[PDB]
Number of protein chains: 2
Amino acid sequence: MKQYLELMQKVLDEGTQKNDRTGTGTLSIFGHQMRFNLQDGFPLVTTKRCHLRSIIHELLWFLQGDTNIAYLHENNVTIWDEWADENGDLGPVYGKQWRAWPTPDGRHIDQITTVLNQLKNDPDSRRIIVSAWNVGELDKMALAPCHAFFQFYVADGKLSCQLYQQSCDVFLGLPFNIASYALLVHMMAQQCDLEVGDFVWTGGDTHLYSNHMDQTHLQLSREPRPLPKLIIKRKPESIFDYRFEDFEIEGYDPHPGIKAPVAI
Amino acid sequence: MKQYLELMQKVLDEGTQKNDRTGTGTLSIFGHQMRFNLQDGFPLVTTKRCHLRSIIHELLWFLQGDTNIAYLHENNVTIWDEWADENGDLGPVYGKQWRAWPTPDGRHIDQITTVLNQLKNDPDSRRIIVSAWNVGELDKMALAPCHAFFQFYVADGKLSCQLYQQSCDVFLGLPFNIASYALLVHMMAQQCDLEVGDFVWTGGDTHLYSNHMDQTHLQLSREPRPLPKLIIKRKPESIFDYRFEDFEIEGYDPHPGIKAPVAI
Ligand SMILES: C#CCN(Cc1ccc2[nH]c(N)nc(=O)c2c1)c1ccc(C(=O)N[C@@H](CCC(=O)O)C(=O)O)cc1
Ligand SMILES: C#CCN(Cc1ccc2[nH]c(N)nc(=O)c2c1)c1ccc(C(=O)N[C@@H](CCC(=O)O)C(=O)O)cc1
């Protein structure tokens, strides 16, 4: 999108060369922010074809509080394969923290449920937050959450959401996350009878991997196309009852997909 | 400061009227980010006199893991009085989460020391984070932490830090928070033998209380003066051994102070 392409160019122009845990190398900048007015259309990138299938099942997978990739396989999404253990477990990542954050005294907190109730009973709240950054359980995760802190905000019937992404793979992960959260916002707005507002993206260590230069240059020379339109076919009785079939994207005409190796 | 004044003018121009848990009412925007290059000078607002005494002692208090106001009283700092209970207790807030986040298995994580160790041995890590947003203990806190998530970053021998402030009182609280973290950055940098880089401030619900409007316009009519200089007269053995007297602020010639009420 114009904002996304602009960020890519910034990394290439101002990025600092860094050696990462994978040994591949990265171009990096620290601190950036983009805003997507959801009224203008769904923020699914068009300068490269994105697969909405894996994006939607992952989100539904999170909402169920599931951390085993079994469900993702049932739907042919393999984005989490290389971090799962021999049994397909990732540890207490996203899904677990969102649905049942463990307290030191044994109880459990369902942040999604509390968020739903805050939006309905106390929309003006300044602490409508979901955090996946559970310090005392990080060592148990097969990987540290790269998008671990987000906040909802309501003003004039509109529902907005800001996501702080501490670590960000610009080429592979970013397009995925923008679409994923814009999706959650639409879902939330529907369950709470609100209009969709803005999706604010805030980055920390925002990088571009060394073996992605070519693909980035290719994508940068393409012209962005009008954003698609998200359509929700039916309104389920809760935020936990959605299915892949309920979503329909419309008017999505992207440039051809771009293959790129993942840094493991 | 230029950036601060521009933020204020921004919430006044694009802000929406909202109500809050107190009943005062606020003018508010959602999503903002500004950067401070710490080598340009120490970011202490000059368009009104600020209280260094209070800012320094609060930070030293946090670093010790203290959550009782006794220490602050021994040094004539009353900024926390309204929220302390009969015994001076605030519950497990900033100081406790920073130095001793409780895990489910009975352990406690000292985030400050772990971050110091990461800055020395793994400065390229993208997980150099400190969080005060302990979902499992929110109900024991006198207040919900408003500046609960920050990240460190190293590049070209310079230490940077980004704070995500979910709820920000722009008139009263922002000047304090900006100076507080800028100070933490200097202390961190001195302990790791790094130079200071940027301080990036990102806000969620960024607001101005209704009864701060006249004071805001009064301040907006002033010309920011040159930024002061921070001089550290000693290099303590640890990040935990700093004293109020180790710090010297030079060239601080601010406009007169502007009094305003705190919305409890
Ligand atoms: C972010 C995120 C989600 N993820 C999983 C993922 C990977 C690393 C992480 N790292 C961290 N720290 N946190 C995470 O949550 C995390 C999640 C993704 C993984 C791969 C692709 C990917 O390979 N995309 C390719 C091919 C997609 C396909 O199979 O069709 C592409 O062309 O886009 C996208 C998203
Ligand atoms: C942020 C923060 C720290 N704090 C404490 C404080 C107060 C409310 C909070 N509210 C929330 N949600 N989170 C917090 O962490 C929090 C912290 C401050 C409190 C008062 C002043 C204040 O009244 N400043 C006035 C008077 C100063 C004085 O003379 O004593 C001024 O003129 O500046 C500044 C900082």
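Below, chains carry the letters A, B, ... as their sequence lines are ordered, and counting in each starts from 1. Counting starts at 1 for both ligands and their atoms, following the listed order. Computed over heavy atoms, backbone and side chain alike; hydrogens, waters and symmetry mates excluded.
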Visitor: Could you peek at this structure and say which chain has the most contacts with ligand 1? A name from the PDB entry would do.
Guide: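 By most contacts, it's thymidylate synthase.
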Visitor: Specify the drug or drug candidate at ligand 1.
Guide: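 It is the drug CB3717.
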Visitor: Could you give me the letters of the other chains with a heavy atom under 4.0 Å from CB3717 (ligand 1)? Thanks!
Guide: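 Chains with a heavy atom that close: A.
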Visitor: Which chain residues come within 4.0 Å of CB3717 (ligand 1), judged by heavy atoms?
Guide: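 Non-hydrogen contacts come from A:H51, A:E58, A:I79, A:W80, A:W83, A:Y94, A:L143, A:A144, A:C146, A:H147, A:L172, A:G173, A:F176, A:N177.
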Visitor: When you measure from atom 8 (C) of CB3717 (ligand 1) to every protein heavy atom, which one gives the shortest distance, and what is it?
Guide: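 Going by distance alone, atom 8 (C) of CB3717 (ligand 1) is nearest to A:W83 CH2, 3.8 Å.
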Visitor: Consider every N or O of A:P145 and every N or O of CB3717 (ligand 1), then say whether any pair is closer than 3.5 Å.
Guide: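 No; every N/O pair is 3.5 Å or more apart.
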Visitor: Check CB3717 (ligand 1) against A:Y94 and write out every atom of the ligand that is under 4.0 Å from a heavy-atom position of the residue.
Guide: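 So the atoms of CB3717 (ligand 1) that pass are 13 (N), 14 (C), 15 (O).
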Visitor: For atom 27 (C) of CB3717 (ligand 1), is the nearest protein heavy atom under 4.0 Å away?
Guide: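 So atom 27 (C) of CB3717 (ligand 1) lacks protein heavy-atom neighbours under 4.0 Å.
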Visitor: Which CB3717 (ligand 1) atoms are under 4.0 Å away from a heavy-atom of A:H51?
Guide: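 Within the 4.0 Å cut-off of A:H51, CB3717 (ligand 1) contributes 30 (O).
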Visitor: Suppose I only count heavy atoms of A:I79 and a 4.0 Å limit; which atoms of CB3717 (ligand 1) are within that range?
Guide: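 Matching atoms, with element in brackets: 5 (C), 18 (C), 19 (C).
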Visitor: Given the protein's heavy atoms, is any one of them under 4.0 Å from atom 10 (N) of CB3717 (ligand 1)?
Guide: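 True for atom 10 (N) of CB3717 (ligand 1).
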Visitor: State which organism the entry records for chain A.
Guide: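 The entry lists the source of chain A as Escherichia coli.
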Visitor: Can you name the atoms of CB3717 (ligand 1), numbered from 1 with element, that are less than 4.0 Å from a heavy atom of A:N177?
Guide: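 Answer for CB3717 (ligand 1): 1 (C).
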Visitor: Identify, for atom 24 (N) of CB3717 (ligand 1), the protein heavy atom at the shortest distance, and state residue, atom and that distance.
Guide: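 Heavy-atom neighbour on the protein nearest atom 24 (N) of CB3717 (ligand 1): A:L172 CG, 4.0 Å.
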Visitor: Tell me: protein heavy atom nearest atom 32 (O) of CB3717 (ligand 1), and distance?
Guide: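 Ranked first by proximity to atom 32 (O) of CB3717 (ligand 1) is A:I258 O, 4.1 Å.
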Visitor: For atom 33 (O) of CB3717 (ligand 1), find the nearest protein heavy atom and state the residue, atom name and distance (0.1 Å precision).
Guide: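 Heavy-atom neighbour on the protein nearest atom 33 (O) of CB3717 (ligand 1): A:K48 NZ, 4.1 Å.
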Visitor: How far is atom 13 (N) of CB3717 (ligand 1) from its nearest protein heavy atom, and which residue and atom is that?
Guide: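 Of every protein heavy atom, A:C146 N, 3.1 Å lies nearest to atom 13 (N) of CB3717 (ligand 1).
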Visitor: Using heavy atoms only, pick out the UniProt active-site residue of chain A nearest to CB3717 (ligand 1) and give the distance to 1 Å.
Guide: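 Per UniProt, closest by heavy-atom distance: A:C146, 3 Å.
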Visitor: Would you mind running through CB3717 (ligand 1) and noting each atom that sits below 4.0 Å from a heavy atom of A:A144?
Guide: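 Contacts of CB3717 (ligand 1) toward A:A144, numbered from 1: 11 (C), 12 (N), 13 (N).
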Visitor: When only distance counts, is A:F176 in polar contact with CB3717 (ligand 1), meaning an N/O pair under 3.5 Å?
Guide: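 No, no N or O pair falls under 3.5 Å.
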